[PDB]
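To start, the structure under review is shown below, and the notes come after it.
The chain called A is the first sequence line; B is the second; the pattern continues. Residues 4-110, in that order, are what chain A shows, numbered as in the PDB entry. Chain B is numbered as in the PDB entry; the shown residues are, in order, 93-205, 215-549, 1001-1347. Here chain C follows the PDB entry for its numbers: 1-15, in order, are the residues you see. Remember, it's 1-based here, ligands and their atoms both numbered in the order they're listed.
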Amino acid sequence: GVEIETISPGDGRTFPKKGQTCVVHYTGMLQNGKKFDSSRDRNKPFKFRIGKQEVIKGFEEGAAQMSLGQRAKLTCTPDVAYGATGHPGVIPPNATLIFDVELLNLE
Amino acid sequence: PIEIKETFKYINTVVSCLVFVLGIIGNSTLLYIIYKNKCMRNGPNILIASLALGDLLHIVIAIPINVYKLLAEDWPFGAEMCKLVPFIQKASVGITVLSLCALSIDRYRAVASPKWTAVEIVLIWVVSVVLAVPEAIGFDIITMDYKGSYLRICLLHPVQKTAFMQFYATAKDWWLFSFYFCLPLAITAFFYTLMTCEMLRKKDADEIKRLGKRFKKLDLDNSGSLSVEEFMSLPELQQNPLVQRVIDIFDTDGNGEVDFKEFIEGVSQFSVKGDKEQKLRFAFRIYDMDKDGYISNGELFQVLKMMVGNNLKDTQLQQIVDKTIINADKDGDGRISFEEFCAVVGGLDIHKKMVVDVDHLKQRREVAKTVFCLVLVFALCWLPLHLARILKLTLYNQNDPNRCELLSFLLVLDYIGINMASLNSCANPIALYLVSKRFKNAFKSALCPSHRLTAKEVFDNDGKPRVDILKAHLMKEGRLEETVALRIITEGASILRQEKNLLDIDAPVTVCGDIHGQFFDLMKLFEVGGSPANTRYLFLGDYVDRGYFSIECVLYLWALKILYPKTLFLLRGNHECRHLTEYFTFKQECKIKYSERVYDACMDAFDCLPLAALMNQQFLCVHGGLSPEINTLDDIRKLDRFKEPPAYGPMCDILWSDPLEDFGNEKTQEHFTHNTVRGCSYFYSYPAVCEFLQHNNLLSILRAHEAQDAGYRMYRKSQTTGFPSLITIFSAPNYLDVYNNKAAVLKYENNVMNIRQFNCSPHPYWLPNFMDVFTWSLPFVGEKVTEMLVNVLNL
Amino acid sequence: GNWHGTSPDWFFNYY
Ligand SMILES: C=CC[C@@H]1/C=C(\C)C[C@H](C)C[C@H](OC)[C@H]2O[C@@](O)(C(=O)C(=O)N3CCCC[C@H]3C(=O)O[C@H](/C(C)=C/[C@@H]3CC[C@@H](O)[C@H](OC)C3)[C@H](C)[C@@H](O)CC1=O)[C@H](C)C[C@@H]2OC
Ligand SMILES: [Ca+2]
Ligand SMILES: [Ca+2]
Ligand SMILES: [Ca+2]
Ligand SMILES: [Ca+2]
Ligand SMILES: [Fe+3]
C-alpha cells in the first residue's frame, strides 16, 4: 500500500532506474504529523541505491514512480515500512509513515 | 594438651579477625558489583549474591561474639547467644550448600535440554532456615561440675523432652555429614557427569562436515586459511561495508587469516542456541578495533564513519560520539567497557536478529571453571573437619593407655578443621576473582566537559546564581547537577507565583516571540537586543519544544528571573502544558539530559507563569489572541492561571487563538469563527480586534504563536487611532531548521517603535529522539553481519 | 568441634 499524492511536479521525463544513486532530501512524520526525522536539519542530503534493498520497500517504490526534481508525499503502511518490529528509538511499532520526498540528483 | 590450647588460642583469634575483615570487604564488594553493574543480573550470578548474604549475616554477627569467647576462657553469654550464633552458622552452611546444588542443576539445564530464579532463591532460604530451626531449639545451658569449680556450658541437653529431639541428638552427626557434605558433592558430580556424557553423545559430524565442505569450497587456494580476497570472492559481500571488521573478529589469533578452528569459533557466535551475551560481545568487539577490551572515542568514530559514509559531517559526528561516551561512562575513565555497553544497548533486542543455522560451543569454559572452583573450595574447606571427626569415631578410645599422642593429633586436626571452615565464608570473593574473568574485571573496576556544577559553583554566598558561569557552561554543552537544577526551577516557580495575572510594564521594553528551545538562537537574540543587565525583556511564550536545547533555555531564562525578577518578564505559552510537552520532544529531553524529577519541577514552574501584560498603558501583550468570552481586561485579571490549560475557555483561547486568513479584508461580519487548524480556540476578526481596542481603550495588541517568514507582521491599520491593531512577533530563526525564516524583536523606547532582525546560528546536531550512537547503529550492524553470515554459510 | 567442653561448634562442643 504505497500512495503518491503530488505536491509539486518535477521534470516528468527522467525517472529513477535500477543501479544508480538517488540523492534526496526527505522529511518523515507519523500519522499525527509529528516530525521524527528530516534530512534538511543535517544540511546534507541522503544517498541511496535502487535494487540493493538498502531502504524500506515503500520508500523505494515511491522513489520509483517519482521523477527528478519532483516533490511528493508518500504514505507507507507498516507492510512497506518497519512493520511491527519498528526501529528502536525512532519508529513506534505498527506505525503508518508519511514522507515528504524531494529528489535532488541522480548519479 | 594445655600447651596446644594455649598456643592455638592466639591462632584462633587471628583467624577470627582475618575472616571478619576479609569476609566483610569481599562480600560487600561482590554484592555492590551485583546491584550496580547491570550485566551481572542477567545470569545466575544473583545466586552468587545470595551466597554473599549467606556469608555476611554469618560474618558480622557470629564471628565477633566468638571473639569474646576466645578471650573469655569460659562461656560468658546467656541462652540468647547460645541459641542464636549456632543457628546462624547452620543457616549459612545450608544456604551455601543449597545455592551450589541449585546453581549446578540450573546450568545443567542451561547447557542441555526469570521468575523461577527468584522463587528458587526464596525456596533455598526458607529450606535452609527451617532445617536450621531444630538446631537452634536444641541447645541449652547447664552447670554440672568441673571437679570442684562449677561452670556453665552451652551444648545439647543430655536428655531431650521430645522423642524427635532425642532422635536428632542420637544421629545429628550423620545428618550433618549427609545433607551438608554428601548431598552437595553427590549432586554436583552427578550433574557434571551427565553434562560430560551430554557433550559426549551430542557430539556429531553433520554440522562439522557441512562447515568443512563450505570451508573447502571458499578456500580458493586450498591453503587451509581464508584471506581477505577469498572472503571478497562472493559478489554479495562487495556491498557490505562491515566485511573487514567481521573478518578480523573471526581471526582470534591475529595472524591475518582464519583457519578451520577459528572459522568454527566465529560461526558459533551466531548459533540458535547461543546466549544473548555472546551476540552482545560480538557487537562490542565489532567496535573494539584494537581488542583492548574497551570502547573509546576514536574507535567508535571510525566504525560509524565507515558505516554511515558521507551522510554526516565530521564535527557533528564527533560531538555526538563525545556525548555518547559522556553519557555511557559510569566510572569516568573516558572509555566504554562491555559492562556499560550492555547496560546501554541491553533493550534493543538486536541479539535476536543475529541468527544463523549452526550449533557449536566455545563457552562452558568460564562458568564451569567458576562452579567447579566453588564446589571444590567448599569440599576442601569442610574436608579436614570431617576427616578429624571420622578419625575420632574410628580410632579414638579413652580406655587405651597410649592415648596422649592421640589427643595431640586429634585436637590439632580439629583446630585445622575449625579454622578452614571459618576461612571458607570469606574465600568466595577471592575464588571468583581468581577464576572468573568477568568478576575479576568488575572487582578491578569497583575497588580501583563532563564536570557537573555544584551548588557552591552556581549559587554565590547571597543565593544569586552567577549568570556568566551558567551561560558559558550551557553554551559548551555542559550539564547541571540534579539538586542545583531542581533548586533553580522550584524557587523560580516560587518567585513567579507572586506575580499578578496582568503585569504593568512601562517603556522602554523589548518583546520577543517564540524561542522553542533554540538556545544558541536565544543567545543571538540577547546579543542583538542587548544584555538583560540593562534591558527589560517580555517573552511571549513557547520556550520549549521543536528544538533540541529546551532545558538550556528554561535554565537560563528562570536563572535571569532569579537574578532579575523585576526587569525580566515572562508570559505563558501554549507549549508549557502536559499534552504538548509529552507529545513533543521535551519529555525525552528531560529524561536524557536529567531525571524525570527535573521534568516535574520544570512543569511546576511552567504552571506558575503569568498570562498577559499591559505595556505602557496603551498596549496589551498576549501569546495568542482574543476570546469570545473576554470583553474587558477584568476578565483576564480574574483568570486562575495555576492549572493545566483546559480544552475550552479563555485559557485555551488566549493560548491558541489565531487571526483569520484574510485578516483586515474579511468578507462577513462574524467576529469569531471555528479554529480548524489548531483544533481548539477560535479565529478572530479585524472588527473584533477594533471592538476590543475601542471598548478597553487599548491601542494595539502584541502576539506570537504564528510562524512569520520575516519574523514579524503588522496586521491592518486601525481606522480610529491609526496604529496597527495587531502585531505578531516570531523570534525562532530557522524554525525546525527547515523553514529558513528570519527572526525579529520589538523594541519600544521614547514612544519609538523599532523592529530588529537577526538570523540563525550554528548549533550542535543530535540524532532523532535524543538517542546515543549505539542505539542508532546496533540494528544495522546486526542486519548486515547476519546477511553476510547467511550469504557465506547457508547458501 | 567434635569434643566435649564449654563451646558450641559444628559437630560437638570444643574444649
Ligand atoms: C548509523 C548507521 C546506520 C545507517 C544510518 C544512516 C546511513 C543515516 C540515515 C539517514 C538513517 C537515519 O539516521 C539519522 C535515520 O533515518 C530514519 O529516521 C528514516 O527517516 C527512515 O525511515 N529512513 C531514512 C531514509 C530512507 C528510508 C528510511 C530507511 O530505509 O532508513 C534505513 C533503515 C533504518 C533501514 C533499516 C535497517 C535495519 C533493518 O533491520 C530494518 O528493517 C526493518 C531497516 C537507513 C537509511 C539504513 O539503510 C542505513 C542506516 O540505518 C530511520 C527511522 C532511522 C535512521 O537511523 C537508523
Ligand atoms: Ca588462503
Ligand atoms: Ca588465525
Ligand atoms: Ca579499544
Ligand atoms: Ca568506563
Ligand atoms: Fe505556540
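Of rilzabrutinib, rifapentine, azithromycin, tacrolimus, the match for ligand 1 is tacrolimus.
Of the chains in this structure, the chief binding partner of tacrolimus is, as the PDB entry puts it, Peptidyl-prolyl cis-trans isomerase FKBP1B.
Other chains with one or more heavy atoms under 4.0 Å from any atom of tacrolimus: A, B. For chain B, the PDB entry gives the name Calcineurin-fusion endothelin receptor type-B. As for other ligands and ions, none lie under 4.0 Å from tacrolimus. Looking at chain A, most residues touching tacrolimus fall inside the UniProt domain PPIase FKBP-type. Site of tacrolimus with heavy atoms closer than 4.0 Å: A/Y29, A/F39, A/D40, A/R45, A/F49, A/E57, A/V58, A/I59, A/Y85, A/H90, A/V93, A/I94, A/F102, B/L405, B/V409, B/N412, B/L1319, B/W1328, B/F1332, B/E1335.
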